[PDB]
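Featured here: a structure holding KPT-8602 (bound form).
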Amino acid sequence: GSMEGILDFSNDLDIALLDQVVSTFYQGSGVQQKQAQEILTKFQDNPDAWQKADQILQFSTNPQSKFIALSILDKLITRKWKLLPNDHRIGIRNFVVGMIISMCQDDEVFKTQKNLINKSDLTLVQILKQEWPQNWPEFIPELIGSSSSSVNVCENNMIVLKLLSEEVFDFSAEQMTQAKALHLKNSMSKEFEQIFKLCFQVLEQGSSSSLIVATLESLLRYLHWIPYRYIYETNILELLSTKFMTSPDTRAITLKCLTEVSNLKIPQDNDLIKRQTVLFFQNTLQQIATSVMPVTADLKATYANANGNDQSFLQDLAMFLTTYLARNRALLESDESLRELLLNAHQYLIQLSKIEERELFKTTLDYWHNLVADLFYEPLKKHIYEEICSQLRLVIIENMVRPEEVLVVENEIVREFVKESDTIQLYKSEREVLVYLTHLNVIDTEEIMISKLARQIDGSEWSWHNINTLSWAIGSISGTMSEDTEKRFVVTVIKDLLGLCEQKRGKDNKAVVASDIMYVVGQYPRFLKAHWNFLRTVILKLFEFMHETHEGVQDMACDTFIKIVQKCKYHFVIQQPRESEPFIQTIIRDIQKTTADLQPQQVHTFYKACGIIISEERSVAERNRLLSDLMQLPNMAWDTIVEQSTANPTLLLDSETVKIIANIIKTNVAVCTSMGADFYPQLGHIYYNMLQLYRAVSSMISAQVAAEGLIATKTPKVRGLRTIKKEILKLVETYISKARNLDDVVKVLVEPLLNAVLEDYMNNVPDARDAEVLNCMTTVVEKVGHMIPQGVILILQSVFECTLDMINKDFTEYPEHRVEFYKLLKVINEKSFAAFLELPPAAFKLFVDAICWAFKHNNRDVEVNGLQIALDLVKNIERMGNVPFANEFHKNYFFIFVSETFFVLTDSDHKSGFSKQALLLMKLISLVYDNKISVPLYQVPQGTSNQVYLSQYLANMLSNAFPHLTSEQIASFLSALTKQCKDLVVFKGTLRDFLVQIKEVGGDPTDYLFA
Amino acid sequence: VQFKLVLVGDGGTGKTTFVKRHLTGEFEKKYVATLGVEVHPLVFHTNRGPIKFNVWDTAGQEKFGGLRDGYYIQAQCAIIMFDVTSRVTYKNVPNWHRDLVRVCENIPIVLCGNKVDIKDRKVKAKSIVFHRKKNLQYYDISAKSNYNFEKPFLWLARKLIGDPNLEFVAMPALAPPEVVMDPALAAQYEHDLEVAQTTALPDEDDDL
Amino acid sequence: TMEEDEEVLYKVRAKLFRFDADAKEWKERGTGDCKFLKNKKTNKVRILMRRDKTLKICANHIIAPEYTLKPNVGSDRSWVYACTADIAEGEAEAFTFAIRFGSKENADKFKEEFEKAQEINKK
Ligand SMILES: Nc1nc2c(ncn2[C@@H]2O[C@H](COP(=O)(O)OP(=O)(O)NP(=O)(O)O)[C@@H](O)[C@H]2O)c(=O)[nH]1
Ligand SMILES: *[C@@H]([C@H](C(N)=O)c1cncnc1)n1cnc(-c2cc(C(F)(F)F)cc(C(F)(F)F)c2)n1
Ligand SMILES: [Mg+2]
């Protein structure tokens, strides 16, 4: 309604109206809320709203309203302070100070307005950053002094000091210049002796917990930076490790303090400090045992119960123990009197490691990896930890997460839906620790695993969960045993697992146990290689599962097959003793039978695995014969489909024919992916007709758009025709990127390819262009571009301007063309730069535009290639030296690249690229400060050096773009920046110092002398 | 039984897309920057009753930040969101966190790494540790694929209601009416249905 | 739950869309198990569909005999149809729906079952 009245400043402000808008925002709903929100934003954003601040803090009855007034002051203090006249500055100071004092003397406000007092302290701290200590040097003395007057003021002073340490040490890098950050750090350091006094007296005194917890919270912050002596040369460790461990009010903050204390690396030669590092750990662990939990407690149950702050305390404890022990357990490993301490601590960690909480487990698993890696290398350590390691084997074995390969799951045992990647890294970390623990004691690991297994056979412990976690563990330790112990181990495991699928009947049982045997056998290739009769039986059994109706087992049987073959391929190509032929011959013969119930994707994986085998055969004649045998079905289906397309080119209408073609091509893609250079004879068999089929399906697509409109590109029919074109391109790309005979690529492949693809791309409408055309051409240019200079020119002419027009109206349409387009310009610019030199001047200008347009993307794929092209292009022009093309390049484009680079560096919207933008800018500036530009960049007095003109151009450029800067700021910045154009790290610091200064008024120009 | 939930993180990380998926089930592919904040109520059905979140979906782009930390007042829980395809958004997680817990000093907070559906992941799993010392719950999520999309709200609901065994339950399903189509506008649903029949459904290459 | 008085005639995994005729775009509504439920007492059959992990209803309405499954121009595995009284969100609003399935076989078997239901409701 009339909420908008507060936005009119002609009149005085109606505080009660202000408060109604606020409560409508916080306490309202729906439209009135959404409208009060816009009113308040507009109110806050008004460059004069700050003047209304002190009357909102004086006369208002709403704490939120006062908060919002302070947000308005904060904005004014951080961005515009030094533009204020000095009187308003002190008024704002005295007002903010006075409101704080005033709120901490009123015991009722102090209790109930915590948010508003915190916001005020933060505002005061903003004033300190700007004013302290140079125009307020008695701030810390007065603060210490006033801490005696009251307990509420002392408590709140700690909050101010905590927020000050944070703003100076923890969060200054991004928000202040180097010089200002150093200034405030040195200022705090100089006055810390006093601050520590107050904080240590409060902690010894011991008023009440409220003051204590605040003093500890401030201490947590100081420990990030203060000198070691303030910790080890006072009695403050005894307090932390005893007194404040007992009260649960202080126990959380104290543990976090002790973790920070831990994390420092001690002067590693002083026996006193070492004894103190031990003593505070020994005190801390005694207070836990006596006041919280004995080392036998079931922390798994406690954490699951989630009373109070238990869950957070256990997490902090895990963080304290892991932090301290990784840094210091060697302090405990030699003195026999410290041995129970060492082991009780590790015993707590064993109990922390049984909690069900993935993220907490990852934290403790990181520590166990640190430990077992140390024990695998450090002499004489591992026997110390034998019983710990024994317990850890059991923990890890019973909480193995499912590996990628195991495609079955319960909901009812069924198939996966999704690639659990939060699980992939965990499994790897579990495997690594378990592999170490197996090296550390192989006999104990086998005994754990075989007994657990004996107790599944018995049904003594049978379950989905138990057999699975065991099976994954058994798989995961492949390669830790000797070949001989492995032999006897795997035998036993298989014997037992076979017994189990005969006992546990039903469709869900057999799928569980079958997935477990597949996992295990797939993980022991060394075994399979040595026991050919067993390998042959495994493969035939997998072929059997390829006809299973349970889709999970079947898909797993395909992946297990190729996983086995990647490791054992050599055993399928040789003729084994007692065999009438290489086993590859038997697989090929029966492929139609074996694969008949598989989905096409799985058929293609099968053919891909046969290609892995065929590539082990290095007699060319014998390999090519295997290849043609493998390809018999797709090639007969191909020869059929191509006589029936040539004769009356209309059967391709047929949706079934289209599916058939695409699967033929996808089969060649699969086999080409695993055979590489060796696939060439098969490609030559089909290449010419495939490129003719490409033109024929292109005509079909064109004719369907024409007859039905753009919407036709959405139809099943046209998506199927395009799939044919994409797969042909993928096949050619796949071959060319692995080819070893480039002379044939150029003389046989490239010319028919370009004639088939480029005009079709150029003269289709935009929604019918396939971005895969671009991806294919990128590989061609990458692998043979240097041999086809007129082919590279031809590629540009056909795709460059028409693709640019697709992608230069916004940053979102045709995302895949966008990415592929800049990938193609990149490779052309690094390998066949000559193509760009022959570009007409108008088109070279579109090229420079194209590069600059990429800089402005936020899509990192595009942005990064854009910056790289720009950098490579500069290098490419520089390499021409002093010739007309390069001089006209500099005359036309040098300042375009400087200013566009400066634009994305400063607009706050392209932070991700800072490092590459700075790189490009330093290269550009360095060209002028080494006189590697042999021509004047201007049209200014004659003889002027290019360096002088560059300074002038840039001062003018920044002056109009950042008019709130002074001439002196700009001049000092450019002086620093040009002086540092051979030192990337300092140059970057200077640019970051500028990005800070442009966000405020009155930046100090001497900040650029920091280096 | 309602709780104020603030949602924070850099622009583009997928905050509004995530909420909207929970509100309506839709996946909005366009990036329309949030201006200040959008408030939506969101209800879940549990075995302990309905729980209602009032979701304050605030704005990541600074030039749209509105009241900034003013939105955080009286929040009872929060989600911090970053984008695992954008390292810069993980590096700023400590800044959003600082600003959130200066206002809300003791609330349950989830950290969510969004867009794990995108093949080229940049913020590696092993590198995500900020939450350990600050006692945040962490999940990999995708608003596009729904990977773990429910886990942040199930966790927060357990922490707020105080019951670690709380689960989401099926809402009961009332009988639907037997309405006969309107013959007055039967000639009109030719057109509304013609348009929809000739507008192609999105994402036709998906498994569903 | 309000479903134990019903028999499941047919279940399939589907993705359900609702047409925003203002924006002229389809908008996903949920992904889960689509069920045909026959009321033991009235013999009236409905569609009931719930989202996968929240279990939130995203379709609840009679399989009226007046309805007709049409194809969508972009898919051989989906059906469009208009619905006058759906209560998934509460008040019996009207929607143009599209439902897509894993395969064309799933879509065709759905159409068979959808039509059988219409006969049952024709009584
Ligand atoms: N591939 C993918 N994209 C997603 C996912 N979630 C969101 N997006 C995309 O991220 C982009 C930004 O959408 P949005 O939800 O508004 O992000 P935001 O953090 O709310 N933006 P702001 O903070 O400025 O208001 C959209 O293009 C969206 O499609 C996801 O899970 N996967
Ligand atoms: C048990 C049973 C059987 N006697 O083969 C069976 C179970 N399901 C389906 N068909 C038969 N069973 C379960 N798994 C196997 C099995 C699996 C593999 C394989 F995973 F494929 F490697 C191998 C073997 C064999 F090599 F024979 F030991 C057995 N058997
Ligand atoms: Mg948003």
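Just so it is clear: chains get the letters A, B, ... in the order the sequence lines come, proteins before strands, and each one is counted from 1. Just follow the structure's listing: the first ligand is 1, and inside any ligand the first atom is 1. Both backbone and side-chain heavy atoms feed into the values below; hydrogens, waters and symmetry mates do not.
- Counting every copy, the structure places KPT-8602 (bound form) at ligand 2.
- In this PDB structure, the PDB entry names the chief binding partner of KPT-8602 (bound form) as Exportin-1.
- Heavy-atom contacts below 4.0 Å between KPT-8602 (bound form) and other chains occur for A.
- A covalent bond joins KPT-8602 (bound form) to A:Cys501 SG.
- With ligand atoms numbered from 1 in the order given, KPT-8602 (bound form) contributes 28 (F), 29 (C), 30 (N) to contacts under 4.0 Å with heavy atoms of A:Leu498.
- Between the choices A:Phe534, A:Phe543, A:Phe545, A:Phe561, the shortest heavy-atom distance to atom 8 (N) of KPT-8602 (bound form) belongs to A:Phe545.
- Atom 27 (F) of KPT-8602 (bound form) has A:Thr537 CG2, 3.7 Å as its closest protein atom, hydrogens excluded (heavy atom only).
- Some N or O of A:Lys541 is nearer than 3.5 Å to an N or O of KPT-8602 (bound form), by distance alone.
- Applying a cut-off of 4.0 Å to heavy atoms, one finds the binding site of KPT-8602 (bound form) to be A:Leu498, A:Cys501, A:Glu502, A:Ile517, A:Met518, A:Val521, A:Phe534, A:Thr537, A:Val538, A:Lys541, A:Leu542, A:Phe545.
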